[PDB]
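Interleukin-1 beta bound by canakinumab.
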Amino acid sequence: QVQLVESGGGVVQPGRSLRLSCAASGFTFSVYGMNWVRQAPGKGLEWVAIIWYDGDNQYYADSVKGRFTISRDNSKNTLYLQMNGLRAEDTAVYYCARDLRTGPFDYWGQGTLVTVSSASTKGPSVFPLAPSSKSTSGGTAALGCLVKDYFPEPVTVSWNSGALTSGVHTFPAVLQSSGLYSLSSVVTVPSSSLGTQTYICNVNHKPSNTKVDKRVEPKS
Amino acid sequence: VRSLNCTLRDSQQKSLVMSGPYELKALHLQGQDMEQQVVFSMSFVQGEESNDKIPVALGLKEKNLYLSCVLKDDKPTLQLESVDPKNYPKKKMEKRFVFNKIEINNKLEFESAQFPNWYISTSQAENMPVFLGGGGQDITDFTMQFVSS
Amino acid sequence: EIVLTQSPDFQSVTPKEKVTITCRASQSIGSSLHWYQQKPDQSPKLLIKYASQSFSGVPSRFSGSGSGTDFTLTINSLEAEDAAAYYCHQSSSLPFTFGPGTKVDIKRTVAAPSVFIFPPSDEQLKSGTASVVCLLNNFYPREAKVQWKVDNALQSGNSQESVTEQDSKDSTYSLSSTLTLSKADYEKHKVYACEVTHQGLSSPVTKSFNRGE
Ligand SMILES: [Cl-]
Ligand SMILES: [Cl-]
């Protein structure tokens, strides 16, 4: 079957360069046009570049024109993207895609994340989002964990080591002014469970090897 | 203007494909790669109905392009020209886009109506561009297959 | 360059509904308009090629139509798995362009958000910065308005919102609004409130706290 596999994404400093690869199988690679399409976090798809079947021609979007170079190697069934002058705006998941007759993008790869930042690897600070003293009898209380200032993505959050799953909402990360990520994980629980049940958020940031188990208690 | 959607293969069974923004190349394709063939919209234009000749225009059905013939350095040249798809096909098509479709030896020949004795041609060699040519070693004969898919 | 626009930006659909979304081109593109589906943190997939032609393996419920500048994608009886972003793309001329997309979600009964406000912890402000989190929990539709009040004064450019993806069970959204202030700025004021406006609320809901009270 048609298979496209991208590799080469990672964290890169702005102004520096990075090479993306896309290995193809299950079709005559030498007779199909190939493309790169990118998607910045929470944004629409953006076409980056095309290379015709034989590699004697290519075309770029204005946004990448001059900074990026699309190429291929038909003997290795591989598609390339050389990125130069990378900037914060270039942070995106990069997909490789085959086109049919220079028309639709009929097969897509899984995508590779390219992170463009001057930020250093950092484990997060974990603060409690304490359940309110106003939480009434037979009602619900919300509590959580503010996971702040980490780089790069991802951090993972579980509650009571994954024992508590119903009512949990771990929010997608938001990039702050500083160039660091922040998110909160919340859980709603019975207000009557606050004294008898222990609530611990388990935060894990592998890039910095930061494991934090934070107890979330009513304030006194 | 009513036209017919088709693919064209030269007399050596080489298929036609896009290789650039305004370029076609002719190469042999494996059976499973038959879908790669460029889709033409052949329209019948108002003109010279001489015995064995029929005036046609060749648009690319999936692009805002038409084949046209012009001169470059005193030389008749084939090109793919950008058009506004909403105004095409025209019954009164512009002279540059007009080809005389000739039926001979159960085959098709496309002569430029702008340049007599100049035809849509391919080379014997694999993966070379489609051009205006026509002694000589250029291939000028084609077969038309209908688009079903 | 050919620009593509998509309408609406967001669509709420009850499962089994026949739904239609549009794509408009800035210039005539013949039938060279393609439709893609994209689920969050998933690779896009081709649905319809050349306006109205089927693509192998795509469920028969997906249908496309249109020519020139106006194009439509029809979902003939929406299924739960169809909540996704829908993109159109044109290949008539270079450079190739995508439309901005249509996000389709699952319609359910209006659900008011459960609002909670969280002051900054003692351990946070020790390191110099204070965070005020406003939680809107389990609401429908996605549309919610959050305004921060600091001693009955409206705040601007110091808050970041985050919204979860639609829950696969209850079809609700949850949202966090995080007000960031320096330790000093936070120590200058007493009242911190977040006002929430949603279709499920007859009158907007305010959740407040007096700093250290
Ligand atoms: Cl073939
Ligand atoms: Cl179906």
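Chain letters correspond, in order, to the sequence lines: A, then B, then on. Since chain A takes its numbers from the PDB entry, the residues it shows come out as 1-220. In chain B, numbers come from the PDB entry; the residues present are 3-136, 139-153, in order. Residue numbering in chain C adheres to the PDB entry, whereby the residues present occupy positions 1-213 in order. Header says: X-ray crystallography, 2.2 Å. Every heavy atom of this structure was used, including side-chain atoms; hydrogens, water molecules and symmetry mates were not.
All instances of canakinumab are found at chains A and C. Using a cut-off of 4.5 Å between heavy atoms, the epitope of canakinumab on chain B contains B/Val19, B/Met20, B/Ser21, B/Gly22, B/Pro23, B/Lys27, B/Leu29, B/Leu31, B/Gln32, B/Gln34, B/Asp35, B/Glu37, B/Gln38, B/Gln39, B/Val41, B/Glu64, B/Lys65, B/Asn66, B/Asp86, B/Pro87, B/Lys88, B/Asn129.
In terms of heavy atoms under 4.5 Å, the part of canakinumab engaging chain B is the set A/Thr28, A/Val31, A/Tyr32, A/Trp52, A/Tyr53, A/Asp54, A/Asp56, A/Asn57, A/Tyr59, A/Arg98, A/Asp99, A/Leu100, A/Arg101, A/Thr102, C/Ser28, C/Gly30, C/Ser32, C/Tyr50, C/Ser91, C/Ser92, C/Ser93, C/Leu94, C/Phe96.
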